[PDB]
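Contents of the following structure include gemcitabine triphosphate.
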Amino acid sequence: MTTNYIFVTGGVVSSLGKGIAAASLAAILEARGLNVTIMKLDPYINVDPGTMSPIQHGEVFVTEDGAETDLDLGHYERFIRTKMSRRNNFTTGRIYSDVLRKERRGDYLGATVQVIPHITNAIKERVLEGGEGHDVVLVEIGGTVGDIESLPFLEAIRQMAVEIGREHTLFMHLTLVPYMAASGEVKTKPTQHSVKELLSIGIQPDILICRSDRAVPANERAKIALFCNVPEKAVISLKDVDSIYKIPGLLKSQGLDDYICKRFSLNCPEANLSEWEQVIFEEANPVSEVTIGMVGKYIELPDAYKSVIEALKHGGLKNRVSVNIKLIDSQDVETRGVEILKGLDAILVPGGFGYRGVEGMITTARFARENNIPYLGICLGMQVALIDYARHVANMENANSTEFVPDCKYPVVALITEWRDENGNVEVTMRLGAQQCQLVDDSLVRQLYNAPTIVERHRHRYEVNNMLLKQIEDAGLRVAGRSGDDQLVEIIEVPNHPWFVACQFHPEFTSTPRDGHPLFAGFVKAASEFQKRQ
Amino acid sequence: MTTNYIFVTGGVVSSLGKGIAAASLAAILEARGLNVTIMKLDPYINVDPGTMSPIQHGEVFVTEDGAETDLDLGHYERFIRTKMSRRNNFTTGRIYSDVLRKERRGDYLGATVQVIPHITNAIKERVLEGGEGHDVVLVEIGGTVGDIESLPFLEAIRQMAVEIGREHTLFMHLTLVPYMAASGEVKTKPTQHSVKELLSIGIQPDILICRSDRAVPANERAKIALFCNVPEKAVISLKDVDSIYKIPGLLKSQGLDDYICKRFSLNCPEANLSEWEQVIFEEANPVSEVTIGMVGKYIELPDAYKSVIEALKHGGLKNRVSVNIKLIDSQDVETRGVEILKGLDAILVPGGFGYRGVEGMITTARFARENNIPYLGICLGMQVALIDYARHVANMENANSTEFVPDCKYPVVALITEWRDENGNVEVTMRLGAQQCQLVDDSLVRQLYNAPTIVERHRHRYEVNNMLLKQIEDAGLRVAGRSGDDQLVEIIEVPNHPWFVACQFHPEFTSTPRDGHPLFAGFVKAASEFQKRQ
Amino acid sequence: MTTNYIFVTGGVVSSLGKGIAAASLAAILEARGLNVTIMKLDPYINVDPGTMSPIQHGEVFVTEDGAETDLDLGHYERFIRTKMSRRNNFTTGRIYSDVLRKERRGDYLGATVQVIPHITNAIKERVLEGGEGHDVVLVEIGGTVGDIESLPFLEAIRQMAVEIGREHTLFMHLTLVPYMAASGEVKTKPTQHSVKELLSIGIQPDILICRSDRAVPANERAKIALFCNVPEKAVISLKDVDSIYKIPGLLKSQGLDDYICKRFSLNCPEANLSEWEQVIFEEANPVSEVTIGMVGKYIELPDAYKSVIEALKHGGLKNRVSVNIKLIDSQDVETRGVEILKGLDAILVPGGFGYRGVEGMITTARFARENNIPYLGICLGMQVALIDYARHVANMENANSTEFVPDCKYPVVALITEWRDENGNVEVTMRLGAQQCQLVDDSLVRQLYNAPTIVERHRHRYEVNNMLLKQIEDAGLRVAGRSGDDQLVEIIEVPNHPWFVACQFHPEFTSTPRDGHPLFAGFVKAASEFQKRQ
Ligand SMILES: Nc1ccn([C@@H]2O[C@H](COP(=O)(O)OP(=O)(O)OP(=O)(O)O)[C@@H](O)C2(F)F)c(=O)n1
Ligand SMILES: Nc1ccn([C@@H]2O[C@H](COP(=O)(O)OP(=O)(O)OP(=O)(O)O)[C@@H](O)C2(F)F)c(=O)n1
Ligand SMILES: Nc1ccn([C@@H]2O[C@H](COP(=O)(O)OP(=O)(O)OP(=O)(O)O)[C@@H](O)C2(F)F)c(=O)n1
């Protein structure tokens with residue numbers, strides 16, 4: 001049991017799919033019975049993505065231990081079974097924070113603290129912490145080789161390779177081999193210049209992953225093999241694909257996992273990708289089609305809802321339904337009205353913070369409730385469902401969250417500390433990661449999950465006000481799930497409806513293409529049944 | 001009034017004297033009536049030198065505003081009259097701290113924080129903050145061009161030069177032009193390779209400062225001029241010198257200040273270096289010689305006492321005395337005895353923290369007191385003087401500091417909060433920077449300073465215990481200076497002695513070669529008078 | 001067995017002694033019974049040094065096959081017994097000539113001829129041609145790594161290392177580790193930046209040879225070992241020495257030959273350096289001293305007479321005489337007269353072309369003959385001796401060479417085709433390399449060489465005119481050596497003299513420190529005997 005490291009770097013351009021490639025290779029190695037994990041080194045100065053806005057960087061992924069991480073850890077969990085944690089993602093910001101704090105504690109004992117060895121040591125420690133206890137660890141280095149921002153990471157992993165040796169380390173380098181119409185060929189010159197930059201910081205690549213908008217022919221792979229001084233079988237073609245689920249198969253067909261198993265002296269059986277073959281087959285052969293509207297406030301960057309979009313596609317796979325996801329701005333509902341929600345087979349309202357676009361989401365939940373259009377609300381999606389039912393069925397005028405209108409008459413959503421009733425009477429912190437939720441018997445979700453208890457991941461501050469709940473319950477709404485000693489509301493259902501479910505937790509973070517998700521499967525099934533009735 | 005910047009970089013090796021060169025050039029420009037200042041950008045991760053050990057990095061310099069800074073700010077204050085502050089020195093550590101904290105306050109508004117532009121912006125802001133309000137600002141970049149650690153600094157100052165323009169910015173690059181016996185010539189090839197590294201990060205030097213162990217001939221300067229595409233008058237020879245006081249004259253004689261005044265369109269009169277000429281003359285023509293023992297715990301790196309060594313040399317200049325400074329380990333006095341203090345014309349005990357070597361310093365103060373050898377104690381040097389006089393004249397057995405022996409019977413030195421008497425009765429934070437001190441009339445120091453009040457700089461925690469003082473005063477010791485509402489003891493004198501003075505403050509930080517220092521002048525005079533009597 | 005290659009490169013500066021170090025290592029390896037050779041790759045565009053002026057490049061060394069080569073091949077032959085040929089030296093000029101010629105002969109079959117692979121292939125072919133059939137081949141790359149001029153050489157040897165493998169190739173990189181008074185240490189930073197330059201062109205050094213004006217301490221070699229990822233025993237200190245004969249011993253004492261033999265899996269006995277120890281002992285323990293004047297037209301650059309200066313030193317070793325070589329400009333004899341030839345124990349006039357300073361050499365030959373000062377003339381040195389004698393003893397007025405005065409009455413020196421007598425009556429180009437010479441009985445040289453025939457190396461056009469020889473022989477001059485069918489004069493003597501010999505050939509090219517040379521041994525012995533008589 002000696003841990004092996006595959007360092008995954010990128011050259012020429014940023015957007016090579018380093019994460020997908022690492023995840024896809026991990027999927028193959030896992031399918032050979034190996035204990036594998038992946039970690040992402042981000043060269044940004046942000047301590048973590050907690051502060052980073054959804055419409056700049058994309059969604060904040062949440063691990064079961066409650067870490068706020070890069071959305072790439074979503075790819076990782078959707079390609080391998082090994083659970084991600086805080087240890088599988090860190091930034092330059094985290095590393096400098098670690099070192100600045102170690103300096104205050106006087107751990108450096110009056111020494112001058114330097115990029116080498118102090119910053120590089122801190123990086124190596126975190127890679128080893130995340131890596132050890134595994135057969136193979138894939139380490140994705142963010143950025144493009146040659147840029148300033150990744151130089152400490154590259155020096156760190158260069159040092160690791162010298163210490164551990166070439167028997168238990170590989171350098172896998174993604175590169176752009178672009179097509180020029182003028183020459184009618186793909187061009188290796190960018191790979192030549194990129195590999196030279198890599199050599200100049202003391203890294204020799206073992207494996208070249210050649211990204212292009214078409215196949216990189218054997219002739220160009222042979223050229224790249226010579227000038228990089230690697231075997232031709234270590235030069236892999238990875239053309240643009242219509243589905244990332246095909247990538248493990250494409251890499252296996254070129255023997256990449258065989259090459260890695262030989263270099264690391266791992267005797268393991270052939271990769272069984274039958275689950276991926278099944279996923280590819282399902283995706284290629286949908287029986288029917290549905291249009292599902294996603295109504296939120298961050299649609300200007302789709303990656304803001306990355307895991308939700310994937311969870312809907314997984315819902316499609318399990319029902320053999322093709323899902324046409326229509327991203328709709330909730331502010332457009334406020335101004336233009338509910339005319340833009342017409343022609344939808346189902347409606348999803350995903351998570352969010354701040355009041356901008358929330359009123360449109362409340363109107364959207366009303367439209368879906370009154371017109372019997374299948375509805376799934378996630379976090380904020382549950383809040384607007386509760387506000388709708390409180391306002392329009394329990395006749396609680398201007399019911400809202402304390403997040404949006406702090407001094408509202410009926411704060412049906414509020415922090416536990418803010419909980420008050422309509423007269424101002426009282427009783428007597430971000431919830432993050434995995435928590436057990438108890439499901440109410442005879443509820444739709446109890447049926448779908450087929451268990452009394454489930455584990456789903458949170459990222460929210462504002463809870464359902466239990467002081468105003470019974471009034472909403474008596475007006476017809478049903479509590480389907482609860483959690484903890486405070487008996488916090490986790491899931492609500494509207495029963496006089498074909499399919500209406502809203503949850504506080506983020507089920508999208510537990511959905512995979514191979515195992516799907518009970519809520520998303522149920523939701524997409526309802527969308528199909530609705531479409532058939534029209 | 002448009003502020004001009006001279007960016008001072010170094011190539012080939014670290015130890016080119018970038019600070020001395022910057023300070024020496026500043027001295028010339030100041031002697032032309034210009035408002036000039038200097039700042040040091042350090043690529044270490046240490047938030048500031050406060051934590052850095054004296055026997056690794058050298059002395060912690062203290063500005064009047066109480067900043068703990070690089071010893072280079074000592075060079076700056078000894079070459080120009082412009083006072084240094086916190087703004088004239090910052091590290092990579094400070095810059096990352098600034099940015100990490102701005103991220104928490106949400107000043108970046110959900111943006112991805114990047115080396116460019118966020119780290120480079122933070123660097124530019126601090127350079128502008130320290131620079132603006134001056135005719136010429138010299139910005140010393142620590143490190144060697146081509147190293148990772150200085151890349152953000154070099155990108156920052158490259159950006160500044162583009163924005164401000166070539167009319168108000170210059171790049172001054174120090175380089176090594178070494179002599180090879182084999183070729184019998186100095187070699188420009190290192191300068192060629194260094195300048196290429198500079199070009200590759202988008203900086204073209206305006207001025208080449210050629211360091212060698214001998215003159216760089218016109219022939220080699222002409223070669224460097226062509227391959228750097230600068231005028232030959234912008235290629236300066238700076239050979240190894242026996243005295244740094246000569247460097248302003250050597251640079252002026254090659255027209256460097258004329259070149260800078262033309263490039264910045266500054267019409268100012270010829271530099272009057274008559275004060276530097278006087279310093280050089282004094283240093284070259286000492287009338288007599290003295291041996292002064294410096295007894296401390298950090299002698300293994302002389303730079304630990306950099307400003308004290310310079311202050312003694314300045315004492316020599318003002319008395320026309322050559323001072324032979326003998327660095328003596330205080331632990332050698334503890335083991336080998338006072339035999340190693342023989343042949344000294346005077347004794348100095350400088351500042352320090354921790355008990356290691358303190359007992360030797362107490363014995364050293366006793367030797368100097370009993371044998372009438374001129375004594376100067378600085379900070380710890382005053383503590384061991386008080387402990388000596390308390391133990392051996394006031395018969396206070398085992399009198400000590402609470403820093404060294406917390407539960408001692410007579411804590412003659414302690415924190416204000418720890419102040420107790422011998423029976424345990426009571427009454428009823430690092431002191432940093434400039435503080436007014438009141439001088440007692442008929443004291444030696446009142447005579448030397450010739451003023452009732454002085455301003456000197458502190459760097460100490462532990463004070464003289466005023467509860468045990470009167471007992472030491474009545475045993476003959478005299479309080480010569482005090483400060484503040486707590487009437488803290490700043491200066492003590494033993495009067496039955498030719499010259500015995502010890503101060504809490506660090507007078508070495510206010511000494512210059514041009515103006516000297518009253519205490520050091522008096523001390524070195526006493527050392528000469530003692531030597532004549534033997 | 002498989003031929004092993006040591007590629008010898010240089011960083012930081014040109015003048016590291018790459019040739020001396022390669023030659024000194026070859027001497028250690030030859031002493032271990034290995035078959036070793038050395039070759040020099042010069043990045044100049046000159047087809048060969050035959051065109052290059054001696055005051056620009058230094059001496060044109062001549063191999064036994066008549067090749068005009070770099071003076072480094074003189075170092076090679078003075079350290080190893082392996083004979084150099086045309087194959088042991090080529091330039092970029094030769095490589096481009098090779099390729100341009102092959103192109104016109106249609107050898108490339110209408111292909112585009114490129115730096116890679118056509119120029120690099122031509123370099124590799126010539127390195128193999130000189131190397132194959134030896135145990136170890138040392139390949140010296142001229143220039144400084146990072147310069148444009150050496151990039152094709154470095155790419156060629158990089159390719160060879162990939163093909164041949166790490167089992168039979170080593171990269172030995174010389175670097176400058178300069179001392180700084182400011183730091184009181186030698187600086188590894190230039191080696192750091194030079195090695196980064198090597199890595200960027202795809203070469204990893206195996207051995208670092210650290211040049212400095214002093215020993216590079218264990219601490220500094222340890223830093224270099226870590227940065228370069230080489231073992232500490234592969235980092236060698238080579239300080240400046242008084243004698244190059246010590247360098248084999250300094251390298252052996254640090255185990256360099258052991259490391260090379262281990263890497264190449266050569267089992268050979270320990271080196272016995274007794275021959276070098278003896279040379280060092282002889283050099284360190286002279287018995288008497290002499291001053292020998294070398295009177296020529298190229299003294300501006302001493303390396304113009306590299307092999308002659310070394311031959312005189314070797315003559316010193318054999319006689320236990322310390323030789324003070326005084327370089328005298330022959331043009332100074334024309335202006336200031338024979339005043340400057342005073343206090344010389346012997347006179348040597350070396351080789352040269354063109355009339356400038358020749359009349360000064362004729363005056364010098366006359367001075368030495370008339371005042372019985374031991375004389376050795378080489379090539380031009382023989383011409384001026386023959387001219388002196390013809391003019392001043394045989395009374396042949398204005399006797400000269402057709403090279404200098406084509407239409408002179410008495411062309412005593414002239415081309416074979418030009419041979420005429422005083423009346424203009426006739427009979428019915430460059431000589432290069434080793435030729436047999438027949439020595440005359442009862443001549444001084446017949447005794448000294450102790451053989452009837454000798455082999456010496458030529459580089460000359462103009463011969464002794466046989467049509468005017470008889471007349472000069474009748475006047476007392478003796479012919480001591482002849483060659484070929486034309487019976488060309490090789491050696492002349494003046495018997496009415498303690499020691500007066502002059503030869504057409506260059507005896508300095510067959511002199512070594514271990515074996516010496518009979519002519520130079522005799523010349524220095526005569527200079528000693530003359531000094532004792534004064
Ligand atoms: N380090 C190097 C490497 C190569 N070349 C030169 O590069 C030239 C070939 O460059 P091309 O015509 O663009 O072709 P290609 O390299 O195959 O690149 P692509 O895959 O994008 O088509 C040779 O003359 C050379 F000479 F080989 C060079 O000058 N320096
Ligand atoms: N970028 C460059 C610049 C120069 N050179 C080549 O560098 C060679 C000259 O290098 P030297 O003999 O060491 O001399 P020097 O440069 O004056 O350096 P020093 O001052 O240390 O003596 C030319 O043939 C060249 F060709 F000019 C080069 O190949 N690439
Ligand atoms: N590629 C590199 C390598 C090092 N350094 C930085 O280089 C700094 C140390 O450089 P020094 O003080 O000049 O010392 P030295 O390297 O031992 O060189 P010498 O042997 O000439 O004294 C570290 O802070 C660093 F950070 F390690 C760097 O920034 N980039």
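Sequence lines set the chain letters: A, B, ... in the order given, protein chains first and strands last, and positions in each chain run from 1. A restricted portion of the entry is shown here, and the contact count covers that portion and nothing more. The way this entry was determined, per its header, is X-ray crystallography, 2.3 Å. Side-chain atoms are counted along with the backbone in the values below, which use heavy atoms only and exclude waters and symmetry mates. Both counts, for ligands and for their atoms, begin at 1 and track the order of listing.
- Contact analysis gives the chain with most pairs under 4.5 Å to gemcitabine triphosphate (ligand 3) as the one the PDB entry calls CTP synthase.
- Chains touching gemcitabine triphosphate (ligand 3) with a heavy atom below 4.0 Å, listed by letter, come to A, B, C.
- Checking only distances, B:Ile148 does come within under 3.5 Å of gemcitabine triphosphate (ligand 3), N or O to N or O.
- Considering backbone and side-chain atoms together, B:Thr144 places no N or O closer than 3.5 Å to any N or O of gemcitabine triphosphate (ligand 3).
- Residue C:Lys223 has at least one heavy-atom neighbour below 4.0 Å for each of these atoms of gemcitabine triphosphate (ligand 3): 17 (O), 20 (O).
- Residue contacts with gemcitabine triphosphate (ligand 3): C:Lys196 is excluded, as none of its non-hydrogen atoms falls under 4.0 Å.
- The contact set between gemcitabine triphosphate (ligand 3) and A:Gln114, taken as ligand atoms under 4.0 Å from a residue heavy atom, comprises 23 (C), 24 (O), 26 (F).
- When non-hydrogen atoms are compared, gemcitabine triphosphate (ligand 3) lies under 4.0 Å from the side chain of C:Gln192 (C-beta onward) but not from its backbone.
- At the shortest separation from atom 27 (F) of gemcitabine triphosphate (ligand 3) among protein heavy atoms lies A:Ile116 O, 3.1 Å.
- Of all CTP-binding residues UniProt records in chain B, the ones placing a non-hydrogen atom under 4.0 Å from gemcitabine triphosphate (ligand 3) are as follows: B:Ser14, B:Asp147, B:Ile148, B:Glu149.
- For atom 26 (F) of gemcitabine triphosphate (ligand 3), the nearest non-hydrogen atom from the set C:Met180, A:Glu155, C:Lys187, B:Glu149 belongs to B:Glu149.
- For atom 10 (O) of gemcitabine triphosphate (ligand 3), the nearest non-hydrogen atom from the set C:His193, C:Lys189, C:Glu220 comes from C:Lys189.
- Close approach of gemcitabine triphosphate (ligand 3) to B:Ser14 (heavy-atom distance below 4.0 Å) involves ligand atoms 13 (O).
- As recorded in the PDB, the organism behind chain B is Escherichia coli.
- Residues of other chains with a heavy atom under 4.0 Å from gemcitabine triphosphate (ligand 3): A:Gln114, A:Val115, A:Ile116, B:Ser14, B:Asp147, B:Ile148, B:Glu149, C:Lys187, C:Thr188, C:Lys189, C:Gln192, C:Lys223.
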